[PDB]
Amino acid sequence: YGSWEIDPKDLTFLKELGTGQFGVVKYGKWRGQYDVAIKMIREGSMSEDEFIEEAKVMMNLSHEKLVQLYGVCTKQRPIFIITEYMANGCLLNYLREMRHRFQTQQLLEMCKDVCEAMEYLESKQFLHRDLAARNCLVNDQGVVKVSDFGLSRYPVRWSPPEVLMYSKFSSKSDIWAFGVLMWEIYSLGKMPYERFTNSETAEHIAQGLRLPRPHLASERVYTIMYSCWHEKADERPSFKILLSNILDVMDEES
Amino acid sequence: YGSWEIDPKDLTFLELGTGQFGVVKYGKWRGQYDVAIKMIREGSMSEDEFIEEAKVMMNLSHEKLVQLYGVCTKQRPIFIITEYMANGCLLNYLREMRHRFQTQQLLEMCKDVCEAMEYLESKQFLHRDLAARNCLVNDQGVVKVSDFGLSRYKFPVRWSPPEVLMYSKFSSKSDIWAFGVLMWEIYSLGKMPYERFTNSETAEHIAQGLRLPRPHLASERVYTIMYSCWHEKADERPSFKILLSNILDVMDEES
Ligand SMILES: Cc1nc(Nc2ncc(C(=O)Nc3c(C)cccc3Cl)s2)cc(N2CCN(CCO)CC2)n1
Ligand SMILES: Cc1nc(Nc2ncc(C(=O)Nc3c(C)cccc3Cl)s2)cc(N2CCN(CCO)CC2)n1
């Protein structure tokens, strides 16, 4: 893959952070000077072609609020993926572990960080398959960033109208999820619809039920997350507009 | 994978076509049984993808479904053996025999595809690409669908919008629309849907509420079936259990 291929002997496995479906992440050090995260992909988790597309996306996309790629080790099995290390780890556990210790003005900065990354992927026609607090990482300075792994891109004469319409306004799925994310941040890791099941939630949202307003979220902040929860997808805002609305509130409140 | 394991030497590679995941050839088992062989590429699928595909191939069976004869998992490229379809694709079969069909044969074909889908519907399986080009015909003129590359019905209910949850509840209604157009291909003798419109014009043509015109070979009652498959509201469309329910009724009426 060129310069992206790194030397394995320069790595050093030290600790374990977690395990996923497409491998296991392990904490290490690059040349014993910088902290990095290393993911060990399983032999049969993904196909060859699937890795070329996934990799091709990680090298061509770059944003300050996206998990930076340090390199990969495709010259061995299992293959590695070296990236920057996030000291604080997951955002969900971060909101619950360090709960109510950061003031409200910091909560909105977390939404801005995620909105900045999504706005970038939006400009590149990329969709987050699972946008939620559990899929966001926090670094030492409290910056929230999303990942590039597992991203998506965006029969005509045999497909129904429901499929055609979705193929043109599918980007609005990441907007609804983002709205529920702000709810998780301002609720400090509260699970959406705690008093409802999966079947219930699907029925309540269909009837118009929306998440309450976090007590730590101002009435204007609620307008942002609530703007993302519009029945008509085309009536929902874009990540560029949401970023402007978030920045607008930050200036008026801070 | 057990008894499903076939000896690559027992099969002889006597070519039929090629797909994304590999190429399909023609052969015979022990010089006595006819079957088709699929040589999947090395990097097209993953180990987990195959195990799921196979697990679905070996656990499903239906007369109108492509029967699986076996696989060769101790070989690279991995092989998948199935029954041989003398007449091959349905679209080419409708165009090569356009002058050699009866009105009862056309409706019989539609049943052969509906009977298969009805079985898939009961097992919660979905055909991602249901069309005449993905259907095969054996020597006796019986149509059969394939179960390779199917999908079942993750979506986080708590973070998904309504259009996604509503899609997961009416996912089988999408194949109904495709089935309705399939019947048009049959009674139209292989004509391309919206042959006089482009991909962008077809999408708008459906948005305006217009649909395919009735083929002259289809009767008023048969067209009502395929037309019922094309309803703006997915919930208002019938089910494959109901389509077969009707197709048989029009058969007895016109037979
Ligand atoms: C799960 C976890 N992640 C951490 N930081 C990460 N940085 C980079 C990671 C990563 O997975 N990148 C990546 C991606 C995104 C895709 C493909 C490939 C790769 Cl390599 S993960 C830290 C952490 N700890 C901190 C919070 N607790 C401290 C209390 O002791 C405990 C746990 N936990
Ligand atoms: C493309 C083609 N298929 C033919 N029969 C097949 N039987 C089994 C096939 C197969 O694909 N199974 C399968 C599936 C479904 C999934 C995964 C894996 C597998 Cl293995 S295909 C015959 C044929 N010929 C007949 C019609 N023409 C001569 C007229 O004189 C020429 C062409 N052409």
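Heads up: chain A is whatever sequence line comes first, chain B the next one, etc. All chain A residue numbers match the PDB entry; in order, they span 392-545, 560-659. Using the PDB entry numbers, chain B covers 392-405, 407-545, 558-659, in order. Atoms within each ligand, like the ligands themselves, are counted from 1 in listed order.
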Mind telling me what drug shows up at ligand 1? dasatinib
Which chain contacts dasatinib (ligand 1) the most here, in the terms used by UniProt? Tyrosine-protein kinase BTK
Any idea which other chains come under 4.0 Å from dasatinib (ligand 1), counting heavy atoms? A
I need the residues around dasatinib (ligand 1) for a figure - heavy-atom cut-off 4.0 Å, please. A/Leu408, A/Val416, A/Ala428, A/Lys430, A/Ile472, A/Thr474, A/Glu475, A/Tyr476, A/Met477, A/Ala478, A/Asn479, A/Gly480, A/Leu528, A/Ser538, A/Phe540
Sub-4.0 Å atoms of dasatinib (ligand 1) with respect to non-hydrogen atoms of A/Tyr476: 5 (N), 7 (N), 22 (C)
Give the residues of chain A annotated by UniProt as ATP-binding that have any non-hydrogen atom less than 4.0 Å from dasatinib (ligand 1). A/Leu408, A/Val416, A/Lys430
Atom indices of dasatinib (ligand 1) within 4.0 angstrom of A/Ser538 heavy atoms, with elements: 15 (C)
Polar contacts were defined as any N/O atom of the residue lying under 3.5 Å from an N/O atom of the ligand; does this apply to A/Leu408 and dasatinib (ligand 1)? no
Which UniProt domain in chain A is home to the majority of contacts with dasatinib (ligand 1)? Protein kinase
For dasatinib (ligand 1), which atoms have a heavy atom of A/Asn479 less than 4.0 angstrom away? 25 (C), 26 (C)
So for dasatinib (ligand 1), is A/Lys430 a polar contact partner (N or O within less than 3.5 Å, distance only)? no
With heavy atoms of A/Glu475 as the reference, note each atom of dasatinib (ligand 1) found under 4.0 Å away. 7 (N), 8 (C)
Sub-4.0 Å atoms of dasatinib (ligand 1) with respect to non-hydrogen atoms of A/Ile472: 20 (Cl)
Give the atom numbers and elements of dasatinib (ligand 1) that come within less than 4.0 Å of a heavy atom of A/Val416. 11 (O)
Under 4.0 Å from a heavy atom of A/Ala478: give me the atoms of dasatinib (ligand 1) that qualify, with their elements. 25 (C), 26 (C)
Organism in the entry for chain A: Mus musculus
If you look at the UniProt active-site residues of chain A, which one is closest to dasatinib (ligand 1), and how far apart are the nearest heavy atoms, to 1 Å? A/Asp521, 11 Å
